[PDB]
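This report concerns only the one structure given below.
Chain naming here is simple, since letters A, B, ... match the order of the sequence lines and numbering starts at 1 in each. Modified residues keep only their parent identity, or become X, and their further atoms are not part of any contact count. Quick note: numbers below take in every heavy atom, side chains included, and nothing from hydrogens, waters or symmetry partners. Displayed portion only: the contact tally does not extend beyond what is shown.
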Amino acid sequence: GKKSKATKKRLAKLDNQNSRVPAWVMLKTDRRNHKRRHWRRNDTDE
Amino acid sequence: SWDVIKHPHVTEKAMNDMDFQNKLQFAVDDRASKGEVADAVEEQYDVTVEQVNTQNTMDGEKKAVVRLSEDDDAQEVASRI
Amino acid sequence: XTXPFXX
Amino acid sequence: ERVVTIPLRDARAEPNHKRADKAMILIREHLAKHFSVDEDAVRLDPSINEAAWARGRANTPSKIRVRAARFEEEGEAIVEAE
Amino acid sequence: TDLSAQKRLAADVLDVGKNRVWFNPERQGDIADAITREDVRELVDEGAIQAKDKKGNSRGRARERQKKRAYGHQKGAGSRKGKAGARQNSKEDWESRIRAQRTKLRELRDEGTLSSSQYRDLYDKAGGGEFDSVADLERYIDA
Amino acid sequence: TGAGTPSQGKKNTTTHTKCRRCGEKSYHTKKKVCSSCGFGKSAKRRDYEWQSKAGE
RNA sequence: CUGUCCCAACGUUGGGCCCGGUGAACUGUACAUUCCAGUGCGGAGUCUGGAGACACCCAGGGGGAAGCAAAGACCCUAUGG
RNA sequence: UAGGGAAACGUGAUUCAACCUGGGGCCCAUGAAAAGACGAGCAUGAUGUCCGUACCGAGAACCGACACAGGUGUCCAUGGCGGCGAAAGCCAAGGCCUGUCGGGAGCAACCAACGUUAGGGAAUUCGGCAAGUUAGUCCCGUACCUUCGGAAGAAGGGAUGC
RNA sequence: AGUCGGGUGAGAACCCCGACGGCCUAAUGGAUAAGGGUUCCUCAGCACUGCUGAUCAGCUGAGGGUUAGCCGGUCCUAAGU
RNA sequence: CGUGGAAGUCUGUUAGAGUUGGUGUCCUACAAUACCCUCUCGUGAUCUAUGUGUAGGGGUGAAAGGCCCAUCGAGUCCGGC
RNA sequence: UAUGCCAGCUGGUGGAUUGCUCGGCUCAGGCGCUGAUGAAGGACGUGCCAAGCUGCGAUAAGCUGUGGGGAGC
Ligand SMILES: [Cl-]
Ligand SMILES: [Cl-]
Ligand SMILES: [Mg+2]
Ligand SMILES: [Mg+2]
Ligand SMILES: [Mg+2]
Ligand SMILES: [Mg+2]
Ligand SMILES: [Mg+2]
Ligand SMILES: [Mg+2]
Ligand SMILES: [Mg+2]
Ligand SMILES: [Mg+2]
Ligand SMILES: [Mg+2]
Ligand SMILES: [Mg+2]
Ligand SMILES: [Mg+2]
Ligand SMILES: [Mg+2]
Ligand SMILES: [Mg+2]
Ligand SMILES: [Mg+2]
Ligand SMILES: [Mg+2]
Ligand SMILES: [Mg+2]
Ligand SMILES: [Mg+2]
Ligand SMILES: [Mg+2]
Ligand SMILES: [Mg+2]
Ligand SMILES: [Mg+2]
Ligand code: NA
Ligand code: NA
Ligand code: NA
Ligand code: NA
Ligand code: NA
Ligand code: NA
Ligand code: NA
Ligand code: NA
Ligand code: NA
Ligand code: NA
Ligand code: NA
Ligand code: NA
């Protein structure tokens, strides 16, 4: 498919939201990314 | 008011274009054109830009591969920052 | 619903 | 060390399209028994392998001469075609 | 050690199917440490990496048969599988023929042997399918 | 041809997409109308009383 | 024309069976080694009388549990659709 | 005296996809439009921004709740033998051993696919269901009927390699 | 549709090298549209996922990767909106 | 006799389309319609991609009450409730 | 005395029960419009390290003034 530039910025963003909860946020909060998404398993909008 | 140049895109492949083709790679504002990217780069580091290739990265930022004239030296411009 | 179960 | 004739008539008890594999086992079991060594310690030089697979995976010979030697600090035989 | 990565690189540098590149079994360790295309070409120059030769089916037995057949053998009823007109296209054949006949007739005319009219008369009979081959044509011409 | 699983294979057409106005993936890119907010059809926002119980 | 049949046989491959690993579901009021009879809301493993019955486990083909699965489509009824 | 090749770094021919250009035939069917190009020269210089570009494209990257035996468009239709063939079978190039659990028992009964069964030959069965028979090509030859087109590969007989 | 050697490793039937043996031939090869959306590459891993195992991976974590005056979009108009 | 090459023409697992029998395999499936063999069409009222139009008592229908996203003798969602 | 039945003991599985309340539910008083000076809502950004939430808007968890507050942040 041919993605537009906006579609891309979004796909981009979605990709970053897909990272882990930084190691330090764990210690800082004295101890889960509920928005983790697999390319195959899950499905993005658009 | 946005700025044209965000910061130097330093990575291995970025280093090569520098040590081997006198090219500097930047992360520039995605609303900026090659021409605007050229000027900015010149006025900022005081060099002569010959050509500028852009690309809209999967990081939501626009990467620009800037090639300097033979008068300027990438490795040197980069070293000062 | 069609004779033998369930044809 | 000695020269032995291994009968591979029992690989017929295995489905035909797989004789080769079974044959190759029969050999290890035979050497292991006749040399008083564990099947693990039986090294079959690739010569034997190619020998058994010569005519494809389903056409393995009914016999096969093989030269085996015995030795080392645990016991084990090395073997090859002849 | 996993040399699969290299295999992909070697296959491209040597420019051969991956299935052809050969890695010396005694130099896995080295090939392992090979990371860049350059590292590969070097191992190639060292002969550690090589490309097997690709075969081609042997047209030998074919040629022997081609001979026999050109000579007219090995073409009996028992060897024909296709229909008749399948083996030799009729229209095509008629083109071949009627053309040689018109070519012949055209020659005999310039050559003086035939008067425009004799030619005319013959040409029409040819296009009318009166002469089997050129031979049969000539034969008829000779009274 | 079953209307079930076998007819699922041809489903590769894109219709509903992230809407420019409301942000919902309800913008029908072929109709150029949002099924959610009504963008493309109505200046006002798509809203109905039946989206909740009568007394509420 | 032929294993469709008289009338079945042998064979081939994948299962089946044993071993390592992985590992569900259907179903379950309770009790439950049953069998022959009888009785009972007239179609009982459980009541009554007899008979039989040492426990546990493997494989099998499915006789019974009016087996499992589905609040009978037939039929009637409803001041139903 | 670009490039590429370790090297040689060919020449002719046949058949000829692509591509080019003609002729004929059909329609109670008539087979887009617009932008644009041409028409309308040459030199030198400048400018040519913006968006897409990874990868999969499927018996694991798509739809089907799944790493689903299903579904899903285009181009490669000119690789070799074969033969009528873009057919079978076999084999290159390329791909693969991931239609992804294995080990053991001559490996029983039973089941799935299937081979061969003497004599008989549809007696089976609602019914020849299932299976089987026939088969390619050439020659000879061909009934009733018929809307004269057909029936027709009727049927039947012969041939077949090296 | 594997087999014998061997490599790596705490651990190897299935991760890698070689040989032998095979499988795919309008496809199990090559290029792509839609669609997916980072699945691509690299390194480090095995708690999850993988019809067994795994040192392997489309899995986990971190980095990196897509460069156009002359390929597409962009322009034109089609049914039609 | 030849030429010509017509046809909702013939043979054909060319591609592609279809779906007659096995009432086979499957029937907690590979699969909420699959698998295998057999079978029909395959220059036309042909098959197919993409784009586009028709909307619910309304469409669409070479008509089977067929089809309108696993939903049809009146789709689906929410509301009346 | 194997397979095993019943009740208990120790450990587990499970998360009921009891206690607890940063949330709900309902009543009441006060108050009550925003937007082309571009609202409401949404997208995307924004942190040294930043996935979520909140805040904010390229001056991006903020900049200025006045008052309060105060030794912390
Ligand atoms: Cl012509
Ligand atoms: Cl493109
Ligand atoms: Mg670009
Ligand atoms: Mg009924
Ligand atoms: Mg003809
Ligand atoms: Mg339907
Ligand atoms: Mg009793
Ligand atoms: Mg009832
Ligand atoms: Mg009735
Ligand atoms: Mg690419
Ligand atoms: Mg798979
Ligand atoms: Mg017989
Ligand atoms: Mg009879
Ligand atoms: Mg009878
Ligand atoms: Mg039949
Ligand atoms: Mg990443
Ligand atoms: Mg690794
Ligand atoms: Mg990968
Ligand atoms: Mg026809
Ligand atoms: Mg046909
Ligand atoms: Mg359409
Ligand atoms: Mg009816
Ligand atoms: Na997805
Ligand atoms: Na950046
Ligand atoms: Na039989
Ligand atoms: Na039973
Ligand atoms: Na050929
Ligand atoms: Na495996
Ligand atoms: Na004629
Ligand atoms: Na069928
Ligand atoms: Na309706
Ligand atoms: Na309701
Ligand atoms: Na108020
Ligand atoms: Na954050």
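- The chain with the most heavy-atom contacts to chain C in this structure is named in the PDB entry as 23S ribosomal RNA.
- The drug seen at chain C is recorded under the name quinupristin.
- Contact chains for quinupristin (chain C) (heavy atom under 4.5 Å, other chains only): G.
- In the deposit, the organism given as the source of RNA chain G is Haloarcula marismortui.
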